[PDB]
Amino acid sequence: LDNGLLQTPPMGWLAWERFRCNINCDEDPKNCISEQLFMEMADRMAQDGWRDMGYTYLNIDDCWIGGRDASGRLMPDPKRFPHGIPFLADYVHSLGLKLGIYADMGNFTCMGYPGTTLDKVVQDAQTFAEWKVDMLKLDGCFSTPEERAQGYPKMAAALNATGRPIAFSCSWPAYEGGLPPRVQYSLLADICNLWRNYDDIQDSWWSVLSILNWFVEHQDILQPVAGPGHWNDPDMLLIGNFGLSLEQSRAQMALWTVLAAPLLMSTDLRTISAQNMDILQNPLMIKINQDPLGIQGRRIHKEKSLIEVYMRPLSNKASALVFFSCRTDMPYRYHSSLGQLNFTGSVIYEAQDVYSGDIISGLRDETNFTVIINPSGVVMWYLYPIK
Amino acid sequence: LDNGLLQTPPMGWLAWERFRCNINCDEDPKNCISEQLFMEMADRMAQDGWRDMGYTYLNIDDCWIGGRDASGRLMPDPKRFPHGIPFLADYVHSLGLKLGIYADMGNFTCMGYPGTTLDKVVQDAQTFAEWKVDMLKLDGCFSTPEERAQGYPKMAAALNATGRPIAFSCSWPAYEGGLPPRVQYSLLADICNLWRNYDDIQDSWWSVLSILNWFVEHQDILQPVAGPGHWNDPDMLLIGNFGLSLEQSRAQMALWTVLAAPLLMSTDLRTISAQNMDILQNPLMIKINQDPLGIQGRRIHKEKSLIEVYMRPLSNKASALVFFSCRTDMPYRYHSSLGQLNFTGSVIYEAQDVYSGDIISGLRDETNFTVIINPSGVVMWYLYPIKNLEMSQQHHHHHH
Ligand SMILES: *[C@@H]1O[C@H](CO)[C@@H](O[C@@H]2O[C@H](CO)[C@@H](O[C@@H]3O[C@H](CO[C@H]4O[C@H](CO)[C@@H](O)[C@H](O)[C@@H]4O)[C@@H](O)[C@H](O[C@H]4O[C@H](CO)[C@@H](O)[C@H](O)[C@@H]4O)[C@@H]3O)[C@H](O)[C@H]2NC(C)=O)[C@H](O)[C@H]1NC(C)=O
Ligand SMILES: *[C@@H]1O[C@H](CO)[C@@H](O[C@@H]2O[C@H](CO)[C@@H](O[C@@H]3O[C@H](CO[C@H]4O[C@H](CO)[C@@H](O)[C@H](O)[C@@H]4O)[C@@H](O)[C@H](O[C@H]4O[C@H](CO)[C@@H](O)[C@H](O)[C@@H]4O)[C@@H]3O)[C@H](O)[C@H]2NC(C)=O)[C@H](O)[C@H]1NC(C)=O
Ligand SMILES: *[C@@H]1O[C@H](CO)[C@@H](O[C@@H]2O[C@H](CO)[C@@H](O)[C@H](O)[C@H]2NC(C)=O)[C@H](O)[C@H]1NC(C)=O
Ligand SMILES: *[C@@H]1O[C@H](CO)[C@@H](O[C@@H]2O[C@H](CO)[C@@H](O)[C@H](O)[C@H]2NC(C)=O)[C@H](O)[C@H]1NC(C)=O
Ligand SMILES: *[C@@H]1O[C@H](CO)[C@@H](O)[C@H](O)[C@H]1NC(C)=O
Ligand SMILES: *[C@@H]1O[C@H](CO)[C@@H](O)[C@H](O)[C@H]1NC(C)=O
Ligand SMILES: OC[C@H]1NC[C@H](O)[C@@H](O)[C@H]1O
Ligand SMILES: OC[C@H]1NC[C@H](O)[C@@H](O)[C@H]1O
């Protein structure tokens, strides 16, 4: 979407994966979807390095809406958002952050809150701009394919007409199977800054693998369509939560990075471990995710040993390599060379291991190397030519 | 198997899951299958609390064998076990530990090492006894159903005839689909101390779930067959390795415990984290696993919320409850009561949370309680009548 926004993938925090539709503030005031939750997460983003490392969006998901007023104007739940959305936008902006919100192109949101029907698209866009929202995720429950086909472009046009830059995250393709012929990716790129292609992530490794598999199976279609201002979105990061081991957490971060994915966390920043913080705040990892060329990577090799290799092209003739072990036994000593991974010519390279920081220098195409990859884990290199 | 052994489930360490068939000692001397590996793990078991908490077996798995000598007697790989197996058993015994070994009922071991064919069953049994081995896992690759039907009983007979008590772990049912009519658990209980019923565990939560699912699906058949001296074996613990998160690690320990499973670790004890050690050395958990009644637990409740409840009966009218969340979203507040979990009227209970150590007092059948369970995680209770604390302190004794 040619609105000047998200020339690199968005980074931030989104409520949904970890906090879901918890509206029981009487019994669970610390974890319910409320003004307080968003304010506390904003404070953590401002104080604990997140904003400074690039995590700038703080996004509200489903279950925020209270009703519509006598003029049809959307309102938040008055008990859980007592000061209203402008207050929250203004608070988040005071901290150098951006505020995302959520609506559904349909009769109801997925959890049954008031929907943004076709006759409300313009009014709701105007309301969000007036509130000084910076991003909108538009979900697709409770609509027909024909409604979505009218509604997603209508919303893009309506947001534009407000005059406020609002990053536009579109769930449209996920409701239509994610693939041609039903999904037109050239159209999506013109109307959306990013789109959810596929199934909701859940807090499990099986879920990450399911998503990674679908993205790799369809990479010939998906890889070319991503670039500055228009991203594929394989859904939120699980790092900090319950289902992923340490190796798996590191793998998700590396693979999302090689895929030029959004880095949208969804975890309790108030209690996040040092180890998980260190994964998410890895400066080189973030540099790679945010590479200005915005070229999505692809799986380039899959071996009978169950080691997979991903490669992402980067600026200044650099590359990212992810060596990923699908094995479920023990560490594996993977032997390769840059020549076997389709680096050609007479270039000499240097690599930095993204997680260890160690430097491997003087790699020619014919130079044999070994990387030790743990099960359900990765080794990631930032590779560049040297003199 | 009525050989006096494993009146409670075996606890120890087995090389296979974590170290597999790594024989490259030239390139990987710290992690290859070798005497050094076993000696180092033995030291860790003796020094780091493992033995003292009940973990007594140190078990060799596949890929130890060098060949058979001119008389047909098994030899370990001379490059990787230079001092021989008797030396290793002596060493292990000197530390108050027991040595387990591995063979295959068939032409070759699964990894292609010399097999214990029907003609070698007796010689191999005698060799193991002579080496002062304490446990044998007998795998089932490269055999036919008839060879296994003859061989597993033949080995049990051969072990018995040596006069040395050797705990006998039988893979027979895993190679027969784990269920009647092909598997005869009455015979297995008479010839084996434990048996692998099902698929090899791998270092993944999916794997743990697949095994749990199978054991629960078939629990009406499997639960009654377990008891002192004859256990179901859902395979090794993954705690300490790569694939399980903290919640999943705590879950596997709890669920293996309620299933009266062996607690056979397979992890690098030299680098294991304090967090993982704390799971595996939890004293109340181990007490429950080792309960003298040896009654395997069951899944008693499954809810549309994807919360499952398992219960294991224990000594002194106590029970273990494991509340298990199959959810993949966020912590869940599970509301229940003992009456809804089929506890029978009038008894007042107390519970100790096995992981937090917290005590919950005044539980009657009707009293509503809430437990907070994390995704792919558990809450486990040790539950006892609050008349058994008093009665355990009013036992009168006399000399004789
Ligand atoms: C509502 O919708 C309109 C229409 O889509 C948006 O207006 C567009 O805004 C974008 C982003 O600001 C504009 O794109 C930028 O144009 C710059 C100048 O281009 C001139 O020359 C071209 C022909 O060569 C003309 O078409 C155009 O009218 C201009 O006169 C470029 O310099 C910018 O370059 C960017 O990309 C390159 C690499 O791709 C980078 O190197 C640069 O750093 C930079 O990021 C960019 O292309 C676009 O021109 C606007 N179109 C129109 C018709 O005005 C509104 O932004 C939008 N409003 C809201 C509130 O959402
Ligand atoms: C080869 O196979 C034979 C079986 O065919 C095995 O023999 C069995 O060995 C076990 C273990 O040693 C014996 O079990 C023990 O019997 C002890 C004595 O009981 C006898 O006497 C009573 C009289 O009241 C009879 O009723 C009974 O049938 C026995 O004949 C018990 O004292 C032992 O109790 C143990 O457990 C209790 C808890 O349950 C503890 O409190 C005790 O401390 C103690 O540890 C035990 O039951 C069994 O009797 C033998 N069976 C037969 C048929 O002889 C061999 O062991 C086996 N050899 C090898 C090398 O594997
Ligand atoms: C969304 O809402 C519209 C308007 O309420 C729904 O259309 C009505 O549906 C009811 C219940 O089936 C019918 O009895 C009415 O006759 C309909 N009225 C009108 C004016 O259309 C529609 O079914 C809903 N759409 C989706 C996708 O769920
Ligand atoms: C184990 O080894 C024996 C001995 O080689 C195998 O027996 C042969 O099997 C083939 C085909 O199955 C027959 O054609 C021969 O008649 C057998 N040879 C002898 C000398 O008996 C046996 O099949 C092997 N068993 C397994 C399960 O692999
Ligand atoms: C790399 O290793 C292979 C063995 O797989 C060897 O044959 C080859 O000569 C080596 N290449 C170089 C450039 O050293
Ligand atoms: C337990 O909770 C139920 C509803 O969930 C309630 O009806 C009942 O009265 C409660 N029982 C007790 C003993 O408080
Ligand atoms: O109900 C909210 C839920 N709907 C489905 C979306 O894909 C999720 O990310 C989340 O927004
Ligand atoms: O090859 C060894 C391997 N064979 C199959 C067994 O089930 C595993 O536990 C292991 O012993």
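Chain A corresponds to the first sequence line; subsequent lines are lettered B, C, and so forth. Shown for chain A, in order and in the PDB entry numbering: 18-404. Chain B residue numbers are taken from the PDB entry; in order, the displayed residues are 18-417. Method on record in the header is X-ray crystallography, 1.5 Å. Below, each value reflects all heavy atoms present in this structure, side chains not excepted, and no hydrogens, waters or symmetry copies. Both counts, for ligands and for their atoms, begin at 1 and track the order of listing.
Per PDB records, the drug at ligand 8 is named 1-deoxygalactonojirimycin.
Here the macromolecule bound to 1-deoxygalactonojirimycin (ligand 8) with the most contacts is known in UniProt as Alpha-N-acetylgalactosaminidase.
Chains touching 1-deoxygalactonojirimycin (ligand 8) with a heavy atom below 4.0 Å, listed by letter, come to B.
Heavy-atom proximity to atom 8 (C) of 1-deoxygalactonojirimycin (ligand 8), evaluated over B/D250, B/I218, B/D217, B/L281, is greatest for B/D217.
Less than 4.0 angstrom separates some heavy atom of B/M128 from each of these atoms of 1-deoxygalactonojirimycin (ligand 8): 1 (O). By the 4.0 Å heavy-atom criterion, B/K154 is counted among the residues contacting 1-deoxygalactonojirimycin (ligand 8). Residues of chain B that UniProt annotates as binding substrate and that have a non-hydrogen atom under 4.0 Å from 1-deoxygalactonojirimycin (ligand 8): B/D78, B/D79, B/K154, B/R213, B/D217.
Those atoms of 1-deoxygalactonojirimycin (ligand 8) that come under 4.0 Å of a heavy atom in B/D78, given as number and element, are 2 (C), 10 (C), 11 (O). At a heavy-atom distance under 4.0 Å, no atom of B/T126 approaches 1-deoxygalactonojirimycin (ligand 8). Applying a cut-off of 4.0 Å to heavy atoms, one finds the binding site of 1-deoxygalactonojirimycin (ligand 8) to be B/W33, B/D78, B/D79, B/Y119, B/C127, B/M128, B/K154, B/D156, B/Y192, B/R213, B/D217.
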